[PDB]
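Heading - zoledronic acid complexed with Farnesyl pyrophosphate synthase
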Number of protein chains: 2
Amino acid sequence: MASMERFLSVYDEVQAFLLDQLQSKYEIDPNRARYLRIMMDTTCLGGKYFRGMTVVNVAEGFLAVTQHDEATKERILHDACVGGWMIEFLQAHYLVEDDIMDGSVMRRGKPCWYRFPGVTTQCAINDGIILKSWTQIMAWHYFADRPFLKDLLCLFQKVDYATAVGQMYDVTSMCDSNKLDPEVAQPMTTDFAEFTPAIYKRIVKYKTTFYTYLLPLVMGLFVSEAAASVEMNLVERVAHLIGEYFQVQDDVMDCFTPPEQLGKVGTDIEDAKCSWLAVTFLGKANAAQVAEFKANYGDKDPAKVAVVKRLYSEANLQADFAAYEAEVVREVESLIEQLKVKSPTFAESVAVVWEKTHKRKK
Amino acid sequence: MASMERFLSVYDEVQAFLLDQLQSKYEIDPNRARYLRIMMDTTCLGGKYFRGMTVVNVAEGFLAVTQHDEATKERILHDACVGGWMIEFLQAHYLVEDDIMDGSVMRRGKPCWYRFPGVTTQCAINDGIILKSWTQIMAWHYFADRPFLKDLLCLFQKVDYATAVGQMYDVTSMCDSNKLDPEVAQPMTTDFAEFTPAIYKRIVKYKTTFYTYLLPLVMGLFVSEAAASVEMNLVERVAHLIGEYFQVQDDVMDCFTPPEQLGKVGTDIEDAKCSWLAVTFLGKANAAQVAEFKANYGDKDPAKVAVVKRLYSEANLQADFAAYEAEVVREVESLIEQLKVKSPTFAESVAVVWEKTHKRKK
Ligand SMILES: O=P(O)(O)C(O)(Cn1ccnc1)P(=O)(O)O
Ligand SMILES: O=P(O)(O)C(O)(Cn1ccnc1)P(=O)(O)O
Ligand SMILES: C=C(C)CCOP(=O)(O)OP(=O)(O)O
Ligand SMILES: C=C(C)CCOP(=O)(O)OP(=O)(O)O
Ligand SMILES: [Mg+2]
Ligand SMILES: [Mg+2]
Ligand SMILES: [Mg+2]
Ligand SMILES: [Mg+2]
Ligand SMILES: [Mg+2]
Ligand SMILES: [Mg+2]
């Protein structure tokens, strides 16, 4: 896509600025500058750029209906690309740390960053921290004199905190809340009582929906100066809805999508994750099915994982996803219609975003 | 100390606000709220609070010479305490991740956070990320309407980036720059050619001096509105000088100070760290001494570590530290005199800070 390649050309500008700054202000050597360049490329590139291209899309919509000088149009489009890369870099930060915590093997067709022989977990923790730090370097440099700077930084902080809190919920989802204790080693749940739709929704809300949909949509509004033209409560509600759906897709693919086309290998069953599939399974399974689930879930053994996948296949969870998808379509369609009242162009942006999310196969 | 207990009372206010916010806005359960409370206490408390009490000290100095209403004095002191805890929380973030990267056992008399049975490395990475995130939650809430907010957030970002870049230099200091490659596993240096005073100074500058001394001193200036009353170039120069000295102390204690009084166990020799002792050793050792160093450094073997410690003891590095200390005293004394020209009260603050740093035994 031509639009996506212009977005990538801004990445090259950002990379050039960040690496020249390390050279000029941080006394870096060429070899460590090379390392961070490879680090930036491996962690930030290779994806679909859904979050980044959302910011551009929202801004392009308002540009079509609002009067600007040609140079102002160039300013806003460049702002949208920079703001888009802030989110892609923020995602990169979370992806790097997430892979370590989940013990993942590959990220978009390549080994996870920490799996690289010359990286290891030791370097990867700090590399992830650097990635988040770059987002702030970007904002202060590029959006220095911009009126949206204060609001952008404030939202970015809240969204980032929400994700970190969300990851906390996710990484401790396979153990009982009442047994949580830093002093005593955490045993895996036996009753799976916290594997409920309500608890699943809490985890997903904070761990993905804030940075995956809320941030890109409001970012595009900030760079367009069009936050007043929308009802924010609707933006929150529609972002959390498509965001949840996005993670449900992710949960299904973790189990049923082959790694060659997915770009990752699944670990949810092995990690005993509170995924959509496990929650939906326990929401329809009979007594014996539950007992077989309890005897095989949360183990690295290929034979035990195979039993869990078999249980999912026999429990017809494909019909449950279709029923869930049909409901999401209803509610997203409803919210897009509500968004048309004050901003039809933003409602169209959400419609495009939803279409891409709904149709995705990776 | 009475002053230190009033500083700790603000921590309780901050902890109450952060935990009530998780309850009211982030849908947290009491058990996970308890976990993060223990996490906050274990990672932020138990230290000397040098960085935190520096902010208070700088502010107290200006309060003694400037006219304010009684309520304004209460405002500034509370600001100084909150700004002080932002740094203590920022240090906590770096301490949590640093211990994982260095494979450390104890932090201030207690097991490192990741060593806790109910924590592990998996949870600790995110806990550290949460700690940094809390610093921004603090700033936006407490310093919302303050005129120094923009400058505080901008400096905090630069200081944080500098530290992360510094940790990168530190964690890769035992391998050759020209051999750095994410694709190929990193072998330890054989010539130790990058163990120079100049390279040591670069690492220390970025990994500690920015957040340990620069940030607390300027933070106290921001809350006092007294940044104009100082020459910033002097503040930079004096903070990087005492900061370097502070890390040299840390390097010496890692080897020669017993864990019972230090609160940590040393790992520098085992990790093959570019510490002051190793650099100073290679700067005076004869051919045979170097060869024995090369055959024993960077190994977990107690016998090999013992040989390295013996080499340090025989090379009389105590006389080298005394010679280094005497030079630092000269240059710190010089800079404090230069600070008296525009702000004598800030110069006194630095003198107190230096006295505490110079006299410290842990
Ligand atoms: O399933 P996860 O949440 O770990 C994941 O979606 C990443 N992630 C982490 C937080 N939100 C999303 P991925 O499967 O991509 O590893
Ligand atoms: O020696 P390090 O740099 O690892 C240390 O001083 C922590 N640190 C990390 C960066 N700056 C300081 P500590 O010995 O306290 O573990
Ligand atoms: C489910 C989440 C939020 C993590 C994966 O997100 P993406 O599917 O956007 O990953 P990339 O395309 O960026 O690799
Ligand atoms: C050398 C550095 C910068 C890490 C230790 O700092 P401190 O000696 O201040 O650690 P605490 O007292 O805060 O535990
Ligand atoms: Mg994962
Ligand atoms: Mg995960
Ligand atoms: Mg997943
Ligand atoms: Mg350490
Ligand atoms: Mg260290
Ligand atoms: Mg040390």
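Note: chain IDs run A, B, ... matching the order in which the sequence lines appear. Since chain A takes its numbers from the PDB entry, the residues it shows come out as 1-362. The numbering of chain B matches the PDB entry: 1-362, in order. Ligands are counted one by one from 1 in listed order, and the atoms in each one are counted from 1 as well. This deposition comes from X-ray crystallography, 2.4 Å. All heavy atoms count here, side chains included; hydrogens, waters and symmetry mates do not.
- All instances of zoledronic acid are found at ligands 1 and 2.
- Using a 4.0 Å cut-off on heavy atoms, the other chains next to zoledronic acid (ligand 1) are A.
- Heavy-atom contacts of A/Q167 reach the following atoms of zoledronic acid (ligand 1): 9 (C), 10 (C) (cutoff under 4.0 Å).
- A/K207 O, 3.1 Å is the protein heavy atom nearest to atom 11 (N) of zoledronic acid (ligand 1).
- Closest heavy-atom approach to atom 14 (O) of zoledronic acid (ligand 1) among the candidates A/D98, A/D102, A/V171, A/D250: A/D250.
- Taxonomically, the PDB assigns the source of chain A to Trypanosoma cruzi.
- Residue-level proximity to zoledronic acid (ligand 1) for A/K273 is absent, since no heavy atom of it falls below 4.0 angstrom.
- The shortest N or O to N or O distance between A/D254 and zoledronic acid (ligand 1) is not below 3.5 Å.
- At least one N or O atom of A/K264 sits closer than 3.5 Å to an N or O atom of zoledronic acid (ligand 1).
- Using a non-hydrogen distance threshold of 4.0 Å, A/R107 registers as a contact of zoledronic acid (ligand 1).
- The residue A/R108 has no part lying near zoledronic acid (ligand 1), judged by heavy-atom distances below 4.0 Å.
- Under 4.0 Å from zoledronic acid (ligand 1), not a single heavy atom of A/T163 appears.
- The heavy-atom binding site of zoledronic acid (ligand 1) at 4.0 Å consists of A/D98, A/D102, A/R107, A/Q167, A/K207, A/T208, A/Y211, A/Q247, A/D250, A/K264.
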Output, or 'none' if empty, a list of zoledronic acid (ligand 1)-protein atom pairs in which both atoms are N or O and the distance is under 3.5 Å, rounded to 0.1 Å.
residue	atom	partner	partner atom	Å
zoledronic acid (ligand 1)	1 (O)	A/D250	OD2	3.3
zoledronic acid (ligand 1)	3 (O)	A/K207	NZ	2.8
zoledronic acid (ligand 1)	4 (O)	A/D98	OD1	3.0
zoledronic acid (ligand 1)	4 (O)	A/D98	OD2	3.1
zoledronic acid (ligand 1)	4 (O)	A/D102	OD2	2.9
zoledronic acid (ligand 1)	6 (O)	A/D250	OD2	2.8
zoledronic acid (ligand 1)	11 (N)	A/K207	O	3.1
zoledronic acid (ligand 1)	14 (O)	A/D250	OD2	3.0
zoledronic acid (ligand 1)	14 (O)	A/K264	NZ	3.3
zoledronic acid (ligand 1)	15 (O)	A/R107	NH2	2.5
zoledronic acid (ligand 1)	15 (O)	A/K264	NZ	2.8
zoledronic acid (ligand 1)	16 (O)	A/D98	OD2	2.8

